[PDB]
Structures are given as C-alpha cells and as structure tokens.
Enquirer: 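For discussion: a PDB structure holding darunavir.
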Protein chains: 2
Amino acid sequence: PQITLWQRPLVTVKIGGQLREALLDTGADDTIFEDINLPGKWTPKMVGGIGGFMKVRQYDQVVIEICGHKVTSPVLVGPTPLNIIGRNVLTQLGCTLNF
Amino acid sequence: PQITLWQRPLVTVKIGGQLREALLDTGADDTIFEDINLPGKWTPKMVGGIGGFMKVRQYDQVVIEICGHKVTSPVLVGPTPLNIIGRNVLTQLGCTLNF
Ligand SMILES: CC(C)CN(C[C@@H](O)[C@H](Cc1ccccc1)NC(=O)O[C@H]1CO[C@H]2OCC[C@H]21)S(=O)(=O)c1ccc(N)cc1
Ligand SMILES: [Cl-]
Ligand SMILES: [Cl-]
C-alpha cells in the first residue's frame, strides 16, 4: 500500500470491537482516539499539542485492526478532534515515508 | 529517501534564509513554524490542534529548501511546540506513506 498525501491519509480501523476512522500521523508519537470506550484499567497521562494540553487515559495492550494488519499497542483516550494513528502503531505496520 | 518511524522524522530545512529543524507530519494539513520571522504582508488565520486553537500568520509564496528539493508554499508562523512540515509541502516532495 502506497498512499499519497493530496488528501488526509484516513484509514478505517477496528479497535476494541468498534469501527472507527483514523488518521495516519507521522507527527504523532502516540495513538489516540476520541470516540471510544475501552475496557479495563488505565493510567492517567497527558498529551501536548499544537494549541495546548489534555488529560488522557492510557489503555495498554489494545488490539487494533488496521489496513490488513492486526496489532497490539497502548492507546490513549481523550478529546482529540480526530482519531490519530501514531508512530507506535505506524512502526508495527512497517510504515515508511518515501520520496 | 525512505524514512522509518522508530524516531520522529525530523529534517533540516532552509526557510527564508534561516536554518531550522522540522517534522514530517502527515497529520498536518498545513506547514507551520514557531521560531522564525518571515518578511512581508500576512493574513490572519487560525489552526486547531489536539489541545486547542491558536492565531497564526499565513505568509504566501515562501521558499523552503527541504532535503534535496526547493519548493514554494504558504507558511504559517505561530506558537507551535515544534516546526511541522505538512501535506501542502509533503505533496511537493512527492512524499508518500508506504507499507
Ligand atoms: C492532531 C492532528 C489532528 C493535527 N496535529 C498534527 C499532529 O501530528 C501533532 C503535531 C505536533 C507535534 C508536537 C507538538 C505539537 C503538535 N501531533 C500531536 O498532537 O501528537 C501528540 C500525540 O502524540 C505525541 O506526539 C507529538 C505530540 C503528541 S496539529 O499539530 O494540531 C496540527 C493542526 C493543524 C495544522 N495545520 C498542523 C498541525
Ligand atoms: Cl502493546
Ligand atoms: Cl505557493
């Protein structure tokens, strides 16, 4: 799969049984979702961004079905404007930037 | 050039005669710098991010030297935490996401 960038690189994901859309985001260290409810215990973290910070929940060892790949990662949950797939998951898909 | 994602995809760039480090950011629609001053008139714009919004200046037709390439693009200047290269400049590099 080669994906150009004339449009936002959005992919469909299955995460914790739910169907979501998310953004392939090389500028994100960590994968974060807004519109989901994950099972289990969590750890309080924070994420900093272009315009400020926000409290999040880190859920460890979460199954994500993305492109043809099935992967586990810690997932942050909080009020991001869009679901984002970050370098912790991108690296596991063997994702690379080419030019 | 093929770049993995185990570390932040940071690149050196010459922009408006100044040397900067910036992030290849497929999750960013637009290109934005924090630690520069560009010449000329500008248009007030805003950007929204993970944690909120901020006011920025859009400078049109700015020359950026990024890896081997020399391109023009509108550039946003404002209080971002890092410099980011977004899809408006990535497309001009013929940059793709591969896996
Ligand atoms: C969140 C996206 C929808 C958009 N963001 C681009 C994104 O890549 C930022 C880019 C970014 C990077 C560092 C600091 C601020 C913004 N990364 C980010 O928020 O990542 C957070 C999640 O993991 C951590 O990794 C880096 C910060 C954490 S954004 O910075 O807010 C943004 C929004 C609009 C434009 N034009 C350009 C950038
Ligand atoms: Cl994991
Ligand atoms: Cl231009």
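Chain labels are A, B, C, ... in exactly the order the sequence lines appear. Sequence positions for chain A are given in the PDB entry numbering; the residues included correspond to 1-99, in order. Numbers in chain B come straight from the PDB entry, and the residues shown are 1-99, in order. Each ligand, and each atom within it, is numbered from 1 in the order the structure gives. Values below: every heavy atom of this structure, side chains too, minus hydrogens, waters and symmetry copies.
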Enquirer: So, about darunavir - where is that in the structure, copies and all?
Expert: ligand 1
Enquirer: Name the macromolecule with the most heavy-atom contacts to darunavir in this structure, as the PDB entry names it.
Expert: HIV-1 protease
Enquirer: Identify all other chains that place a heavy atom less than 4.0 Å from darunavir.
Expert: A, B
Enquirer: Just distances here: any N/O of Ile84(A) and N/O of darunavir closer than 3.5 Å?
Expert: no
Enquirer: What atoms of darunavir come within less than 4.0 Å of a heavy atom belonging to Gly49(A)?
Expert: 15 (C)
Enquirer: Has darunavir got any nitrogen or oxygen that is less than 3.5 angstrom from a nitrogen or oxygen of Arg8(B)?
Expert: no
Enquirer: With backbone taken as N, CA, C and O and side chain as the heavy atoms from C-beta onward, which portion of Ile32(A) lies under 4.0 Å from darunavir: side chain, backbone, both, or neither?
Expert: neither
Enquirer: Atoms of darunavir less than 4.0 Å from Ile50(B) heavy atoms?
Expert: 19 (O), 31 (O)
Enquirer: Which residue, and which atom on it, receives the covalent bond from darunavir?
Expert: none
Enquirer: Which residue owns the protein heavy atom closest to atom 14 (C) of darunavir, what's the atom, and how far is it?
Expert: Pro81(B) CG, 3.6 Å
Enquirer: If we set the cut-off at 4.0 Å for heavy atoms, which region of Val47(A) has an atom near darunavir: side chain, backbone, both, or neither?
Expert: neither
Enquirer: At under 4.0 Å between heavy atoms, is it the side chain or the backbone of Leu82(B) that contacts darunavir, or both, or neither?
Expert: side chain
Enquirer: Is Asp29(A) close to darunavir, meaning an N/O of one under 3.5 Å from an N/O of the other?
Expert: yes
Enquirer: Atom 18 (C) of darunavir: which protein heavy atom is closest, and how many Å away?
Expert: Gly27(A) O, 4.0 Å
Enquirer: Please work out whether any backbone atom (N, CA, C, O) or any side-chain heavy atom from C-beta onward of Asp25(A) is under 4.0 Å from darunavir, and answer side chain, backbone, both or neither.
Expert: side chain
Enquirer: For darunavir, which atoms have a heavy atom of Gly48(B) less than 4.0 angstrom away?
Expert: 31 (O), 33 (C), 34 (C)
Enquirer: Counting only heavy atoms closer than 4.0 Å, does darunavir sit against the backbone of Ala28(A), its side chain, both, or neither?
Expert: both
Enquirer: Which residues form the binding site of darunavir when counting heavy atoms under 4.0 Å?
Expert: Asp25(A), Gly27(A), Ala28(A), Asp29(A), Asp30(A), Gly48(A), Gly49(A), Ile50(A), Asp25(B), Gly27(B), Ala28(B), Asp29(B), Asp30(B), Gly48(B), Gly49(B), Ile50(B), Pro81(B), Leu82(B), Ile84(B)
